[PDB]
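Caption: PDB structure containing CB3717.
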Number of protein chains: 2
Amino acid sequence: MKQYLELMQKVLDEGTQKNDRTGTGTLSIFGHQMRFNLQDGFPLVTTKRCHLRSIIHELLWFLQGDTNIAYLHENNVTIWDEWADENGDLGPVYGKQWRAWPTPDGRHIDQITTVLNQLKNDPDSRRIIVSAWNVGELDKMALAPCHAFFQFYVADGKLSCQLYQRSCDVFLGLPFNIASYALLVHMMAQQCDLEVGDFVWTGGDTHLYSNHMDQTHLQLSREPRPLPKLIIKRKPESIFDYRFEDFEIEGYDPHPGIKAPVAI
Amino acid sequence: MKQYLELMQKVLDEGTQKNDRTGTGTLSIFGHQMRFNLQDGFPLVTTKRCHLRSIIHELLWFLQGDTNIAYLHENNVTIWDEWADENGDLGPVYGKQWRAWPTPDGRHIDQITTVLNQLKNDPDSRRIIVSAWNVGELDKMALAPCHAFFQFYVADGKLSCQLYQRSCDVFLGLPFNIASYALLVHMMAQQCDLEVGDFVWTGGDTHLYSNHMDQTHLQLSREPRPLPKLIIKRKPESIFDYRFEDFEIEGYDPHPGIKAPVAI
Ligand SMILES: C#CCN(Cc1ccc2[nH]c(N)nc(=O)c2c1)c1ccc(C(=O)N[C@@H](CCC(=O)O)C(=O)O)cc1
Ligand SMILES: C#CCN(Cc1ccc2[nH]c(N)nc(=O)c2c1)c1ccc(C(=O)N[C@@H](CCC(=O)O)C(=O)O)cc1
Ligand SMILES: *c1cc(=O)[nH]c(=O)n1[C@H]1C[C@H](O)[C@@H](COP(=O)(O)O)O1
Ligand SMILES: *c1cc(=O)[nH]c(=O)n1[C@H]1C[C@H](O)[C@@H](COP(=O)(O)O)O1
């Protein structure tokens, strides 16, 4: 995508060399924003082939309130393998926080149900937020939340969403993240009888790993193609009733995929 | 300031009319980001006279972990009066969350001290964050956190900070929020022996209240003056030991003040 390739180039041009947690080294910038008019098409990267099944299953897994990779494995999704324990658990990550944020007194808050009811009963609200950044359970998570905070917004019958990503691996994670959130907005809009608006992505530490330089240069030489179109084939009784089988992508004609190692 | 005045014009140029919680009505845009290089000068609005006295006291109050307006009152600051109860309490708002975020297992996390330790021992960390968005305690708060989540970053010996403000009253609140955080960055940098970098402001629902329109156009007809300079006269033993008297703002020649009603 135009704005994705531009960020990719910006990181190369203005990035500072940093020794990161993995000891791999990164080139990074701090503070960046992008906006995607979802009406213009589904923001799935065309300069390299991305696989929807992993994106879709991870999102459905999140909405289930699940934190164990078992489900992901039943569907051949291996993206979280390197951080799960002997028992396949990742800790109280995204899924647990979305559906059952634990209160200090033992209760649990379901942020997704709250958000649904807000979009339906009070769309003008400036508090339609979901946060995965639970400070009191951070030490129990396999990896701290990358996409950690998002807010919904409704104007002119259109639903927009802004994500704050504290840490962003531009080559591997960013394409997944954008598509995952674009997808959720479509599901939310469908469940709330709203049209899709914009997806605004805001990043904190935005980086390119040193061992992704070749892959980046390769990708930067490819011309972006027209964005695909998402089609939801069924309308479930609720936001928790979607299945992988309900999503179809039309007109996705990307450039060949590019392989790259993950920083553990 | 140039960045601030451009934002106002943007809200006016592409904002949508929205109804709101206060019943006032607003002109609103969703998603915006601006950057202030702190080395260029202290970002205190010059197109209208701002009162640094209240900005400073509110910040020291936050750092103390206080949520009762008594302290503010003994210092003649009345900015939080309309939301305080009979006892002057605001509930577990900013001060409490920054200094004592309650965990489900009975602990309390001091996010300010943790951040300070991170800046000293692991400045390259991508997790130097402070969150006021405690989902489990939102129901006890007089008003949900407007400036809800901020992240620090270090590069080239300079300290940067990005704030995600979920709701923003452009005319009244924003000048306060910008100066407040720029002040926090200076204090943090002085404690960690770092230079001041950039302050990146990101907003969710950014709006102008319907009853601030005349004031807004009056302000926009003014030319910004040179930014003032911030001088810290002492280096306290801890970030919690600053006093109002340690700060001095020089070269501040603002245009006349413009009064506007606050929406409760
Ligand atoms: C974001 C996110 C979720 N995640 C989780 C997640 C967890 C830790 C991380 N760590 C680092 N260093 N970068 C990441 O982007 C990252 C992402 C992902 C994990 C792996 C792949 C990945 O290896 N992608 C391959 C496809 C492999 C496959 O289809 O199985 C690719 O080339 O695209 C993508 C996303
Ligand atoms: C942000 C923030 C902190 N706060 C708290 C705070 C709480 C609720 C809010 N509610 C609304 N609708 N807008 C706000 O900006 C806002 C701000 C402020 C509160 C009041 C003023 C205010 O009345 N502005 C006058 C100040 C006069 C005085 O000093 O007493 C001004 O002309 O600036 C500014 C900041
Ligand atoms: C985390 C997972 C995700 O959804 N998106 C991402 O891009 N990432 C990346 C960021 C970073 O490279 C690594 C997480 O490491 P850290 O916690 O920031 O040190 O995965
Ligand atoms: C809240 C407090 C602050 O520091 N700064 C702000 O700009 N505000 C504003 C935002 C909004 O106009 C109102 C809070 O209302 P709501 O919770 O968003 O409905 O005060």
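Note: chain IDs run A, B, ... matching the order in which the sequence lines appear. In order, the residues displayed for chain A correspond to 1-264 in the PDB entry numbering, which applies throughout. In chain B, numbers come from the PDB entry; the residues present are 1-264, in order. Scope of the values below: all heavy atoms of this structure, side chains included, with no hydrogens, waters or symmetry mates. Start at 1 and go down the list; that is how both ligands and their atoms are numbered.
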**Report entry** Location of CB3717
**Finding:** ligands 1 and 2
Query raised in the report: In this PDB structure, which macromolecule forms the chief contact with CB3717 (ligand 1), named as in UniProt?
Result: Thymidylate synthase
Query raised in the report: Which other chains show a non-hydrogen atom at a distance under 4.0 Å from CB3717 (ligand 1)?
Result: A
Report task. Show the binding site of CB3717 (ligand 1) at 4.0 Å, heavy-atom contacts only. Result -> A:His51, A:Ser54, A:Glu58, A:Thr78, A:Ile79, A:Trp80, A:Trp83, A:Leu143, A:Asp169, A:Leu172, A:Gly173, A:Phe176, A:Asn177, A:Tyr209, A:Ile258, A:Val262, A:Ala263
Query raised in the report: Which residues that bind dUMP according to UniProt in chain A have at least one heavy atom within 4.0 Å of CB3717 (ligand 1)?
Result: A:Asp169, A:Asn177, A:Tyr209
Query raised in the report: Tell me, which protein residue and heavy-atom name are nearest atom 17 (C) of CB3717 (ligand 1), and how many Å apart are they?
Result: A:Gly173 CA, 4.9 Å
**Report entry** Contact atoms of CB3717 (ligand 1), heavy-atom distance to A:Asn177 under 4.0 Å
**Finding:** 1 (C)
**Report entry** Nearest-contact summary for atom 14 (C) of CB3717 (ligand 1) - protein heavy atom, Å
**Finding:** A:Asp169 OD2, 3.6 Å
Query raised in the report: Any nitrogen or oxygen of A:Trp83, main chain or side chain, under 3.5 Å from a nitrogen or oxygen of CB3717 (ligand 1)?
Result: no
Query raised in the report: Among protein heavy atoms, which lies nearest atom 6 (C) of CB3717 (ligand 1), and at what distance?
Result: A:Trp80 CH2, 4.2 Å
Requested in this report: Could you say whether the N/O atoms of A:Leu143 and CB3717 (ligand 1) ever approach to under 3.5 Å?
Outcome: no
Requested in this report: Write down the covalent anchor of CB3717 (ligand 1): residue and atom, or none.
Outcome: none
Query raised in the report: Which protein non-hydrogen atom lies closest to atom 23 (O) of CB3717 (ligand 1), naming both residue and atom, and how far is it?
Result: A:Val262 CG2, 3.7 Å
Query raised in the report: What atoms of CB3717 (ligand 1) come closer than 4.0 angstrom to any heavy atom of A:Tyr209?
Result: 12 (N)
**Report entry** Residue, atom name and distance, where the atom is the protein heavy atom closest to atom 12 (N) of CB3717 (ligand 1)
**Finding:** A:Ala263 O, 3.0 Å
Query raised in the report: Right, does atom 19 (C) of CB3717 (ligand 1) have protein non-hydrogen atoms nearer than 4.0 Å?
Result: yes
Report task. Considering only non-hydrogen protein atoms, determine which one is nearest to atom 3 (C) of CB3717 (ligand 1) and report residue, atom name and distance to 0.1 Å. Result -> A:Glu58 OE2, 3.6 Å
Query raised in the report: So which protein heavy atom does atom 2 (C) of CB3717 (ligand 1) come closest to, and at what separation?
Result: A:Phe176 CB, 4.0 Å
**Report entry** For atom 31 (C) of CB3717 (ligand 1), closest protein heavy-atom neighbour
**Finding:** A:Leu172 CD2, 3.8 Å
Query - Backbone or side-chain N or O of A:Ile79 under 3.5 Å from CB3717 (ligand 1) N or O - result: no
Query raised in the report: Considering only heavy atoms, which active-site residue of chain A per UniProt sits closest to CB3717 (ligand 1), and at what distance (nearest Å)?
Result: A:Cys146, 6 Å
Less than 3.5 Å apart, N/O on CB3717 (ligand 1) and N/O on the protein: could you list those pairs with the distances?
residue, atom, partner, partner atom, Å
CB3717 (ligand 1), 12 (N), A:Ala263, O, 3.0
CB3717 (ligand 1), 13 (N), A:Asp169, OD2, 2.8
CB3717 (ligand 1), 15 (O), A:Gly173, N, 3.0
CB3717 (ligand 1), 29 (O), A:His51, ND1, 3.3
CB3717 (ligand 1), 29 (O), A:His51, NE2, 2.9

